[PDB]
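What follows is a model of Poly [ADP-ribose] polymerase 1, processed C-terminus carrying bound olaparib.
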Amino acid sequence: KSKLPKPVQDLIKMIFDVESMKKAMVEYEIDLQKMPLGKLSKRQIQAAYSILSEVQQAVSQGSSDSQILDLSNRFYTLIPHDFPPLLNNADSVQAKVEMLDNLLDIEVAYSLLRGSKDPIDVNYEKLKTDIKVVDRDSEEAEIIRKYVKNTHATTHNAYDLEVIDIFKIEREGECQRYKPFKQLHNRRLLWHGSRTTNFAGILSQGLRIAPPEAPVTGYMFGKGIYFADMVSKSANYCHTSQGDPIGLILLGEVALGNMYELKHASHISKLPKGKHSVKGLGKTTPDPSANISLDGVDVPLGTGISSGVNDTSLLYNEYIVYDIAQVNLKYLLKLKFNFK
Ligand SMILES: O=C(c1cc(Cc2n[nH]c(=O)c3ccccc23)ccc1F)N1CCN(C(=O)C2CC2)CC1
């Protein structure tokens, strides 16, 4: 019988939930009979990202309708679906890139799982992350809760958020890998929301950069690690419904350095000299006059006020780093979503 405290055991259950893995696949219209959870592989996915990279290049550089259709036919061969939309544009590509991002982390969670002691303690060790419950009445839980209420956007009014549990986390080797940037200026505690089915992958391997095979054109600001300073922007990425109105969000200390400010899409491979991050400018920004500090990290917990900028693609800000060593995962929050 496991010694871990109940909110932790309950977190481990959610993360390694094989049912939620299948649900998330069927939501991306995958053919479970032609390709179930067990038949999913890292290199199949990586090859499917490569076909998408080839699709985007064929659309860009003038290629025959016959060519793109063959590249498309191969994607659907490699990843069987059951609905066959032609992958001939940036939109069709982004939708498949978003699905593979989920498949890659689902296959990570199923590889660990299917690879003496209580099975919960075993699965917790495969995470290679120390997890502690943060006491509700601490300074840490004071700051983390205010950040939530304030930075929830007015337009994402469809639900209200309620904090269930706050976990302090520590990935093995992350502080040592972080050491080079531990010095950098502009250090912000930012939100990163993802489906619960991706958390085994995020804790075991940390937040990564998409595989080399993934098209840089498949992400608005290219192949980086993305954060928001507005809780609801990241909480929307939890994709909580009603069969599961409980999602997980991360808080990571991010080494922003010099921010390359952008208003629109920029499919960036590497940053220009003199820059360490990208800041996508939102129409609404959390007030810089209500900012606070926590353990050497700046917290933009200010309320949502106009940034001035109007000619932008983004309603709200977002932050991108292009080195995995620029992020320090600090907290995992378990949230309750209350829909209208
Ligand atoms: O950080 C993102 C990412 C997330 C999103 C959606 C998103 N998800 N979550 C957020 O909190 C967020 C905040 C601001 C802007 C977007 C987001 C979009 C493009 C991205 F490149 N990654 C997706 C691609 N990466 C992978 O490891 C994929 C799984 C193989 C690197 C991590």
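Numbering of residues begins at 1 and proceeds along the displayed sequence. As a basis for the values below, the full set of heavy atoms in this structure was taken, side chains included, without hydrogen atoms, waters or symmetry mates. Every number for a ligand or one of its atoms is a count from 1 in the order of the listing.
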Provide the binding site of olaparib (ligand 1) at 4.0 Å, counting non-hydrogen atoms only. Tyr49, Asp101, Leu104, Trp191, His192, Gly193, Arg208, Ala210, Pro211, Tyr219, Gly224, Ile225, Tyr226, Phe227, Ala228, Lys233, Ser234, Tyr237, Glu318
Against heavy atoms of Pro211, which atoms of olaparib (ligand 1) measure under 4.0 Å? 30 (C)
With atoms numbered from 1 as shown, which atoms in olaparib (ligand 1) lie under 4.0 angstrom from a non-hydrogen atom of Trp191? 11 (O)
Considering only the protein, which heavy-atom contact is closest to atom 3 (C) of olaparib (ligand 1), and what is its distance? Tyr226 CD1, 3.7 Å
Write out the NAD(+)-binding residues UniProt gives for chain A that lie under 4.0 Å from olaparib (ligand 1) by heavy-atom distance. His192, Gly193, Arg208, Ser234
Write down the UniProt domain of chain A that holds most residues touching olaparib (ligand 1). PARP catalytic
For chain A, what organism does the entry report? Homo sapiens
Write out the residue and atom name of the closest protein heavy atom to atom 30 (C) of olaparib (ligand 1), then the distance separating them to 0.1 Å. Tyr49 OH, 3.5 Å
Taking atom 17 (C) of olaparib (ligand 1) as the reference point, the nearest protein heavy atom with its distance: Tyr237 CE1, 3.5 Å
Atom indices of olaparib (ligand 1), in the order listed, that fall short of 4.0 Å to a heavy atom of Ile225: 1 (O)
For atom 22 (N) of olaparib (ligand 1), the protein heavy atom that lies nearest, with its residue and separation: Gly224 O, 4.2 Å
In the protein, which heavy atom is nearest to atom 9 (N) of olaparib (ligand 1), and how far is it? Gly193 O, 2.8 Å
Pairs of nitrogen or oxygen atoms closer than 3.5 Å, one from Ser234 and one from olaparib (ligand 1): do any exist? yes
Return the closest protein heavy atom for atom 24 (C) of olaparib (ligand 1) as residue, atom name and distance. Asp101 OD2, 3.7 Å
Which UniProt active-site residue in chain A ranks closest to olaparib (ligand 1) by heavy-atom distance, and what is that distance to the nearest 1 Å? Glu318, 4 Å
Where is the nearest protein heavy atom to atom 31 (C) of olaparib (ligand 1): which residue, which atom, and how far? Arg208 O, 3.0 Å
